[PDB]
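Structure note - R-econazole present.
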There are 2 protein chains.
Amino acid sequence: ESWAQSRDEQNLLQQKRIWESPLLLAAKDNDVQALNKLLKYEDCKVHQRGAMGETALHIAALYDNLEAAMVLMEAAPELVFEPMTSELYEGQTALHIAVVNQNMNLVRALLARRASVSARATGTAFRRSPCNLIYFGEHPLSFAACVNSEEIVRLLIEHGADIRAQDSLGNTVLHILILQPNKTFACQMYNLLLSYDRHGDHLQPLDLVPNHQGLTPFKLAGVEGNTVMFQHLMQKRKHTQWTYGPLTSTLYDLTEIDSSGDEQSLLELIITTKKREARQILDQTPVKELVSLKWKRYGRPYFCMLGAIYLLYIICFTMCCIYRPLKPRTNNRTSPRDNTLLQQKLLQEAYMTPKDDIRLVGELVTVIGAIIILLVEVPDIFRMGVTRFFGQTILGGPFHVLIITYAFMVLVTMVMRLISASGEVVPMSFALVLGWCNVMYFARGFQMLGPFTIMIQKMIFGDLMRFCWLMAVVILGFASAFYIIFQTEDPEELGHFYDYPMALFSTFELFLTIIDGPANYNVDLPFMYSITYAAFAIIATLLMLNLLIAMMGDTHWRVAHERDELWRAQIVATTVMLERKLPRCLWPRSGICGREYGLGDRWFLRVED
Amino acid sequence: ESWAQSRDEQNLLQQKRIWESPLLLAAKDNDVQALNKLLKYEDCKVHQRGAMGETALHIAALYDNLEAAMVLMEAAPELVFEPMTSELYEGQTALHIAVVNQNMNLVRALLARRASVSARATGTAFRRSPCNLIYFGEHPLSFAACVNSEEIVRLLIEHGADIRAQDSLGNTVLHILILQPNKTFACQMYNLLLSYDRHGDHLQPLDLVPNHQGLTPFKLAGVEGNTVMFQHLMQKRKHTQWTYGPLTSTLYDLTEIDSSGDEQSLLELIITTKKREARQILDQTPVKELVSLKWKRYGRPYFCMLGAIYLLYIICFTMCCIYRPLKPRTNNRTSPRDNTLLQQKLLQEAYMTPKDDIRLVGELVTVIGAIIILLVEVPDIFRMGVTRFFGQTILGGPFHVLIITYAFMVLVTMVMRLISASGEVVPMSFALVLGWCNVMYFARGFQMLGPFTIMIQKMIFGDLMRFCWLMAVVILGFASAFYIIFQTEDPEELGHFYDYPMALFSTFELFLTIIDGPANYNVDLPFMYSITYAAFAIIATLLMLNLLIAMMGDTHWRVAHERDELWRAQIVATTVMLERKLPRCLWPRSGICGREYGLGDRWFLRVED
Ligand SMILES: CCCCCCCC/C=C\CCCCCCCC(=O)O[C@@H](COC(=O)CCCCCCCCCCCCCCC)COP(=O)([O-])OCC[N+](C)(C)C
Ligand SMILES: CCCCCCCC/C=C\CCCCCCCC(=O)O[C@@H](COC(=O)CCCCCCCCCCCCCCC)COP(=O)([O-])OCC[N+](C)(C)C
Ligand SMILES: CC(C)CCC[C@@H](C)[C@H]1CC[C@H]2[C@@H]3CC=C4C[C@@H](OC(=O)CCC(=O)O)CC[C@]4(C)[C@H]3CC[C@]12C
Ligand SMILES: CC(C)CCC[C@@H](C)[C@H]1CC[C@H]2[C@@H]3CC=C4C[C@@H](OC(=O)CCC(=O)O)CC[C@]4(C)[C@H]3CC[C@]12C
Ligand SMILES: CC(C)CCC[C@@H](C)[C@H]1CC[C@H]2[C@@H]3CC=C4C[C@@H](OC(=O)CCC(=O)O)CC[C@]4(C)[C@H]3CC[C@]12C
Ligand SMILES: CC(C)CCC[C@@H](C)[C@H]1CC[C@H]2[C@@H]3CC=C4C[C@@H](OC(=O)CCC(=O)O)CC[C@]4(C)[C@H]3CC[C@]12C
Ligand SMILES: CC(C)CCC[C@@H](C)[C@H]1CC[C@H]2[C@@H]3CC=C4C[C@@H](OC(=O)CCC(=O)O)CC[C@]4(C)[C@H]3CC[C@]12C
Ligand SMILES: CC(C)CCC[C@@H](C)[C@H]1CC[C@H]2[C@@H]3CC=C4C[C@@H](OC(=O)CCC(=O)O)CC[C@]4(C)[C@H]3CC[C@]12C
Ligand SMILES: Clc1ccc(CO[C@@H](Cn2ccnc2)c2ccc(Cl)cc2Cl)cc1
Ligand SMILES: Clc1ccc(CO[C@@H](Cn2ccnc2)c2ccc(Cl)cc2Cl)cc1
């Protein structure tokens, strides 16, 4: 908004300063005879700074004027050593500009005049931002690699441009190629820049240098969803054992792919990222066979065993609420609308029979199981982001909130049982609902229920929320109308709208048609009731069929191919989680280690095809 | 109907008069030896007028007879100065006909005989009508431009045909090209006719001359939805600042596009028009970035702020109806069907406690807010069309009617409160429903609810109306059958159909299944009831599933791509409305003005691409 307005004013201010400067105007439209006469007058301000700190050589490079750029260079060679000075294009020399324009006659002329090939374009328009259309890095090698200029990238390296140079983000030129929109040119420019890594004395290969986030180019291809660069980079990690007719046994390196646990791996990065195209990497041929085999061998048995424990635990909590201690009430009824018969016992009376001691066993099992949930969920999100990266795992998984909220409602029921507080049915009823609805976390391990259950998550976070905002507006209008229509009437015949919170709840139930329409037929109802309830019935039939259309076309050709891809992504997210919190004796590491096969200390996945 | 019948009889009358005239028949089938002998006899009626005022040169031009047309011209040259005289083809000379047929040998022969290139074909078959298949303008330059004849348009201009000539609609030849079905030939014929605007002494360029509606050719391309002519015309208004590799900074003129407020602009014309293809112009690259930036910067905050005020106002009106003054009834009940307990107070008793004065604050806030609605909606539609162009904005927006009807129902409740009239629940109940259902006007500002809420409008104005006409027919048959089946029975057991207005309302509720089927089981019902209610239940299950099919296929591949385009069109209609009624201090004008950048007094939108 405001900064994009400020960029627009500086770009218009650039064009004004070109027109009102006879030096800069001459370089824009290649009037070399105008370049002569301003130098015939005096050896004047070639140190004219424009709006973005332009010099006239920067103007001649931007508008692709060869002959205009020459006259600046013989008259003042020092303008090749000058960068732009403004905050928007800081550090950019005319070497950067001639490379991006692919003006090769100009960039040969600049390298003849020792133009600095290590100049860092550190301006704001060169950062990797949502508000910059290019991210070319900041070195002229990085700018040449992104414009697909195989001649200039050779020309700069043969004049001393360093292929080891990083940016403020730490991205080397191999990282920057992965961030490029034309992914096929990036593969050709990958191999050429990797070919100049002849040096076996630079301590580390170029494809193994991490950026400041600690990602290598291989791992950065997985995070960005760059499936084209991912398949290309993986062929360096293949090793074909044999070829038997149509058969081919291929051996995969599985080093940065597999979750080793010391550093964040390629499986962990893809699960925790916001790119939709990173999920496409899970179907690639090292990663697909890797995570499907550790699911079938070890992930799925340790998930169904972990669901059978949660099922027996939630039956144990359920029985402790069915058999909760209750005694007949003491006082008399305050009013004839008082429905209550029983009340909960105090702590002294709650354990005075042998049936109360079998319950006390299950209540302690419930308390312990709720603490263990808080011992494994509450600390392990503090080492992550407390609310933000936790909340980014809520859009990935809502069952983080639901089982923490379950375990809190249980310990609230414990504290209310200790201090003998009235109203234990409130935290119990939240916990029975939350604790049972957490069983459909375990629907993802079953191939029948798994894809069905993600479609729940898409429609609660989507279309059912769109419906409920417009439902609550219609309810607030009609519950208020139904309240005042029956505000004069006797409530002993038709009590649906007797006060305003019940009128509001009756209209919600009439909207969903889960209670019948109010009718007596023995008494006269207001005529305004039938007019209003007819209009209410049409608007509800409109909305509840609008939802059924909206839930439809969003979920047949839009997310039906996505729900099965997100089910396979939940298998990976479940397996990465179960491998992380279980010890190595329970989880044998995937692949086959070397060192007894001559392959090293790396772990290999053999895929026969 | 009648006039299309009259056109058909004149076209058959033309062919009869050709056959029974030996002059006109000879020119139709190119019998030049028959043309000789009628002139050998006498210098006879070459002034023969046919049915549409044809002469024989008009016949020879219509049937593409070169050699037949020559014999008319040497024998009588004055027939090139004659137009057709009938009302259907008035003004049409043989110059018009030879141009439309692209008979270039004939039109060179006519221009050799000083044929009038400024002749106005003002006949009814040349007007822009739904009942004419061509709109070619009315000058021979306009006819040449529409048949794609680049040779004849040069030939007429080099004989003196004026490119500044307008029609009865005021359309110059550049306007007429935009109205043409082959839009790609129109772009080539645009540039050629714009090339002959060498004259810098004709006070105004050809692309800047308005028609009688005040539209220029650029604005007429937006109104007609001519997206091909729109992109072509916009390239005259671009200005490329620089080109940096793949980047390009383009500067857009934004003069006739942006709502300046003095004259109707291109954004205002497209919103208020009935063409569906004009909505395609909103996705074009000056217009899309313009209206998305003024929505995100200024349109959406002033719309959510304006919805938060309407939400607090409608809660204030709601509480003033919940706490409406009511007293216990005075008289005794007229009958045991009288349900009423309370009645509304008179004006004297209505304000006699401190709780009635807090309500009086909110009641005055309600009265003032209803007048302000009538001060900003009722005058500003009178300056528009009172009912017609107002009603054309009802098919655009139904919330014009709904918030005017709300504000009327509030002031009716005020007048009923003043004169102390019984029955204030009737205008209150309409106003609670209307006032709350106007909150989903503000669903369009939210990207989640916006596309959902237009699908409400498509289905109430569409499929739910188709259902309700056929519902009311089925209800009127079965409520009448259910009335007479229980007409003999005792109503104290089953009172659903006790009189005819309740039988009609019960059948409506039984149709929508919002009340249960009438049953007693303690008494014998008529056997005709079970037969009828079974047939009623099948026909309702037929219809309510027919609707669910009809609401489906009309709204998945038919309007699902249209509902999102109509949501973006509502953003534009909301933004044009909010810019129009808010002052310039609240709304900073979009773009960047010139005059401090050497660009003039125009306002420019920079788009980097
Ligand atoms: C996904 C959806 C989420 C939203 C859920 C919201 C759904 C609704 C949930 C909650 C809303 C209701 C809360 C209060 C209800 C009871 C309060 C009460 O005690 O009653 C008192 C006040 O009664 C009133 O009339 C004041 C409340 C006006 C309702 C306006 C909505 C407020 C929120 C707007 C939000 C906009 C939402 C739409 C967005 C634009 C009076 O009632 P009584 O006891 O009968 O006394 C009669 C007087 N007598 C004593 C003289 C006899
Ligand atoms: C989107 C849909 C829009 C249309 C909505 C329409 C839906 C319906 C809405 C309104 C229609 C009903 C209006 C009158 C109802 C009550 C009148 C009354 O006082 O009752 C009296 C007359 O009762 C009758 O039988 C006469 C009315 C016959 C109904 C024919 C339809 C009229 C409109 C056709 C339009 C066609 C529509 C389809 C298009 C082709 C008698 O009733 P009673 O009190 O029981 O007295 C018993 C006699 N006793 C005293 C001897 C005991
Ligand atoms: C007295 C004792 C024996 C009671 C028994 C306790 C178990 C039934 C509890 C204790 C810890 C629980 C586990 C703690 C952590 C998790 C992770 C949790 O993961 C998510 O919900 C992730 C969210 C998402 O990705 O959607 C699923 C339940 C599970 C396996 C829990 C399953 C039930 C467990 C084993
Ligand atoms: C005692 C009552 C008042 C409890 C209060 C209601 C809410 C606190 C709870 C009750 C049931 C819960 C829901 C039960 C089931 C689901 C489905 C669940 O969807 C999935 O299974 C995710 C997709 C997948 O992993 O396959 C998302 C959470 C949600 C909506 C839960 C959200 C929180 C809810 C509404
Ligand atoms: C997003 C989904 C889960 C719900 C969609 C709308 C809800 C936010 C609203 C709409 C109608 C509301 C209900 C309508 C009115 C009432 C009565 C209200 O009254 C009371 O406090 C006591 C019970 C009574 O008197 O009815 C209690 C909340 C409740 C059930 C409301 C709970 C919240 C609801 C479901
Ligand atoms: C005592 C006072 C402070 C009461 C508060 C009054 C406001 C709540 C009212 C007064 C004027 C109203 C506005 C008058 C005009 C309009 C235009 C109206 O536009 C349409 O409905 C267009 C129809 C369509 O395009 O569908 C939407 C509501 C709105 C913003 C109204 C919103 C509510 C406002 C600000
Ligand atoms: C007290 C009772 C008897 C009131 C009488 C009923 C009608 C006078 C009112 C009640 C609710 C109104 C409806 C409430 C909501 C809508 C949705 C609305 O659709 C939109 O939101 C338009 C699309 C968009 O702009 O996104 C169109 C009008 C309509 C059908 C209204 C039409 C007029 C209705 C039926
Ligand atoms: C287009 C949508 C909004 C409605 C679809 C059909 C309506 C035009 C008709 C069909 C059935 C009609 C209802 C059926 C019968 C009655 C009873 C009638 O009786 C009375 O006057 C008092 C109440 C009673 O005795 O039932 C009042 C109107 C009402 C509700 C009618 C209102 C108009 C309705 C909804
Ligand atoms: Cl919400 C929900 C989530 C998970 C399950 C597990 O359901 C198990 C059945 N099962 C086994 C022991 N107790 C129940 C199951 C379901 C389907 C198939 Cl095809 C196969 C199996 Cl084994 C059930 C409901
Ligand atoms: Cl019919 C209808 C029309 C408009 C709204 C506005 O709803 C707001 C919520 N809100 C804020 C204050 N009071 C309610 C909202 C809805 C959805 C999303 Cl994604 C985001 C927001 Cl902020 C609600 C119902």
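Protein chains get the first letters and strands the later ones, always in sequence-line order, with residue 1 at the start of each. Partial entry; contacts are within-part only. Just so it is clear, the values below take in all heavy atoms, side chains as well, and ignore hydrogens, waters and symmetry mates. Per deposition record, electron microscopy, 2.8 Å. One-based numbering, in listed order, for ligands and for the atoms of each.
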Worksheet item: In what form does the model contain R-econazole: which ligands or which chains?
Response: ligands 9 and 10
Practice prompt. Identify the other chains in heavy-atom contact with R-econazole (ligand 10) at a 4.0 Å cut-off.
Written response: A, B
Worksheet item: Taking UniProt's transmembrane annotation of chain B and counting from the N terminus, which segments bring a heavy atom under 4.0 Å from R-econazole (ligand 10)?
Response: 4
Practice prompt. Report the binding site of R-econazole (ligand 10) using a heavy-atom cut-off of 4.0 Å.
Written response: A:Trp469, A:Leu470, A:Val473, B:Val439, B:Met440, B:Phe442, B:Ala443, B:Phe446, B:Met448, B:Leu449
